Each structure stands twice: as structure tokens, then as C-alpha cells.
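Since the structure comes first, as C-alpha cells, the remarks are kept for the end.
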Amino acid sequence: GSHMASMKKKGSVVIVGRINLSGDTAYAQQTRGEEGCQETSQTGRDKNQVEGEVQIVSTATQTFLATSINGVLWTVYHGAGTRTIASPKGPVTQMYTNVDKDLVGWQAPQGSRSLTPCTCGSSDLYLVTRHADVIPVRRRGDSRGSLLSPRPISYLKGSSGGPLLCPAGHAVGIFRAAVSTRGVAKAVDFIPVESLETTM
Ligand SMILES: CC(C)(C)[C@@H]1NC(=O)O[C@@H]2CCC[C@H]2OC/C=C/C(F)(F)c2nc3ccccc3nc2O[C@@H]2C[C@@H](C(=O)N[C@]3(C(=O)NS(=O)(=O)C4(C)CC4)C[C@H]3C(F)F)N(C2)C1=O
Ligand SMILES: [Zn+2]
């Protein structure tokens, strides 16, 4: 538009839940409903206590995941764009932005826990989805892995930004895109943790 006085501001990304991995059972928890999410996106002020490594995040139009690794909350650019994230003292600007990698990052929220970058060199991985499904993935290249059991794309939608983990629970990568044919996801593409470590 040409009328700057009425130009709108995009809201903040908002943490609305988490994938609980602290015990023997993975499960999703919601920490904020849709109305409170809307309010928090506009103010950028989120007073909720943050816990865990994998957050469920939302904008006005999308929901996806974000994963703390080495004190940075990482997610995908196709979800967050250049948006700030809401925090107790207001909006927080991204400290990493790389559209070529489909990658953004903010300082990790106070109270969050960070995953350690994997140095195991192992190819037996586990994808964690927004529904707290743990999906075995065999690593097939620097940024690719195959599902041991393929599943319709619907079961992976909304899990970009989530982690691929090694058998020891280290972060190996961030889920970016799916490889699907006839609607069935047979493989996943992820941002390797080394690419995060280079971006850092
Ligand atoms: C056909 C398909 C499955 C839709 C698509 N496959 C696909 O493109 O595969 C090719 C071949 C193998 C790698 C990939 O190379 C292209 C790179 C794509 C990309 F990822 F780097 C990407 N960079 C962007 C940078 C800037 C702006 C937009 C971008 N858009 C991108 O990709 C787009 C988005 C990405 C996506 O849907 N991700 C997921 C997801 O859950 N999102 S989400 O949470 O619902 C949501 C949309 C709320 C945020 C995990 C997959 C879930 F659904 F399984 N896409 C399309 C796909 O996965
Ligand atoms: Zn490891």
C-alpha cells in the first residue's frame, strides 16, 4: 500500500505448546489456546514459562515446530519468515536468518532446554513430530533420510522445525521438507546440525 499510516505489522511467532520428551513417553502438551496465541502474537509479550527442547509454535496462519540446540531456538524460514518471537519482555529479533537453508533462529527462551549437537556419526535416526510420534529414519545422505515405515504426508504436516535425533538423543538435524509420491512420504530432507554450527 501507499498509505503508511495504516500499514500493518506482522505478529510474532508464539510458543503454543511443546513435545514432552522428559520421561518414558513422548507426548504433546498445549500451553496456550488460539485466542491467547492471537493476543500474544500482536503484543509480542509471552509470560508463559517455557520448558523443554521442542516447542510447538504458531503464527496467525501456520503452526509448526521449533527446536533448541546450543542455546538457539531454530525453525524453518517457510514457517517463521523474518518474524520476531514473543517473550516475557516483548518481541525478540532473529539472531540467525538464512533463506537459502530455509533456516531461522532466535536466542533460546529462558527455561528451555537445549539439545546437544550430535558427533556420533551414526545413521540410525529418529524424527519427532508435532503429535509426539517418534519415527525411525535411516540417514541416506548429508540432508536426507528414509522412513522405515512410510506414512501419508498428512502425518508429517506441521512438523517442520522438529528434530532428527541420534540413538543417544543428540540433535542431528532440523526437519525441512518431505519427499513424497502419491501423497506418501517415503523420505525427509533436513538441515544438518553441522549447517547450524556453521551458521553459528
Ligand atoms: C511437496 C512438499 C511435501 C509440500 C514439499 N516437498 C519438497 O519441497 O521437497 C523437495 C525435494 C526434497 C527437498 C525439497 O527441496 C525443496 C526445498 C524446500 C524447502 F523446504 F526447503 C522450502 N524452502 C523455502 C524457503 C523459503 C520459502 C519457502 C520455502 N518452502 C520450502 O518448502 C516448502 C515447505 C516445505 C514443507 O511442507 N515442510 C514440512 C512441513 O511440515 N511444513 S509445515 O510445518 O506444514 C508449514 C508449511 C507450516 C510451516 C516438513 C513437510 C511436511 F509436510 F512433511 N515443503 C514445501 C515440502 O516439504
Ligand atoms: Zn549422537
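One-based numbering along the sequence shown. No hydrogens, no waters, no symmetry mates; every other heavy atom, side chains included, goes into these values. Counting starts at 1 for both ligands and their atoms, following the listed order.
Within 4.5 Å of ligand 1, most heavy-atom pairs belong to the chain that UniProt identifies as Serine protease/helicase NS3. Modeled at ligand 1 is a drug that PDB records call glecaprevir. Closest heavy-atom approach to atom 37 (O) of glecaprevir (ligand 1) within the set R130, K157, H78: this belongs to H78. Where the criterion is an N or O separation shorter than 3.5 Å, residue side chain and backbone included, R176 meets it with respect to glecaprevir (ligand 1).
Atoms of glecaprevir (ligand 1) lying under 4.0 Å from any heavy atom of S160, numbered from 1 in the order shown and given with element: 39 (C), 40 (C), 41 (O), 42 (N), 43 (S), 44 (O), 49 (C), 50 (C). Of the polar atoms of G158, at least one N or O is found under 3.5 Å from an N or O of glecaprevir (ligand 1), judged by distance alone. Ligand-side atoms of glecaprevir (ligand 1) in range of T63: 44 (O), 48 (C), range being under 4.0 angstrom from any heavy atom. Near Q62, meaning under 4.0 Å from one of its heavy atoms, glecaprevir (ligand 1) places the atoms 46 (C), 47 (C), 48 (C), 49 (C). If you check which protein heavy atom lies closest to atom 26 (C) of glecaprevir (ligand 1), you get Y77 CD2, 3.8 Å.
In chain A, the residues contacting glecaprevir (ligand 1) fall mostly within the UniProt domain Peptidase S29.
Atoms of glecaprevir (ligand 1) found under 4.0 Å from any heavy atom of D189 (numbered from 1 in listed order, with element): 13 (C).
For atom 7 (C) of glecaprevir (ligand 1), the nearest protein heavy atom lies closer than 4.0 Å. Glecaprevir (ligand 1) has an N or O atom lying under 3.5 Å from an N or O atom of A178, backbone or side chain.
Close approach to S159 involves these atoms of glecaprevir (ligand 1), each under 4.0 Å from a residue heavy atom: 41 (O), 44 (O). Per-atom contact check: atom 35 (C) of glecaprevir (ligand 1) touches the protein, criterion being a heavy-atom distance below 4.0 Å. When distances from atom 16 (C) of glecaprevir (ligand 1) to the protein are checked, no heavy atom turns up under 4.0 Å. Here the heavy atom of the protein found nearest to atom 57 (C) of glecaprevir (ligand 1) is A177 CB, 3.7 Å. Close to glecaprevir (ligand 1): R144, with a non-hydrogen atom less than 4.0 angstrom away.
Distances shorter than 4.0 angstrom do not occur between any heavy atom of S180 and any atom of glecaprevir (ligand 1).
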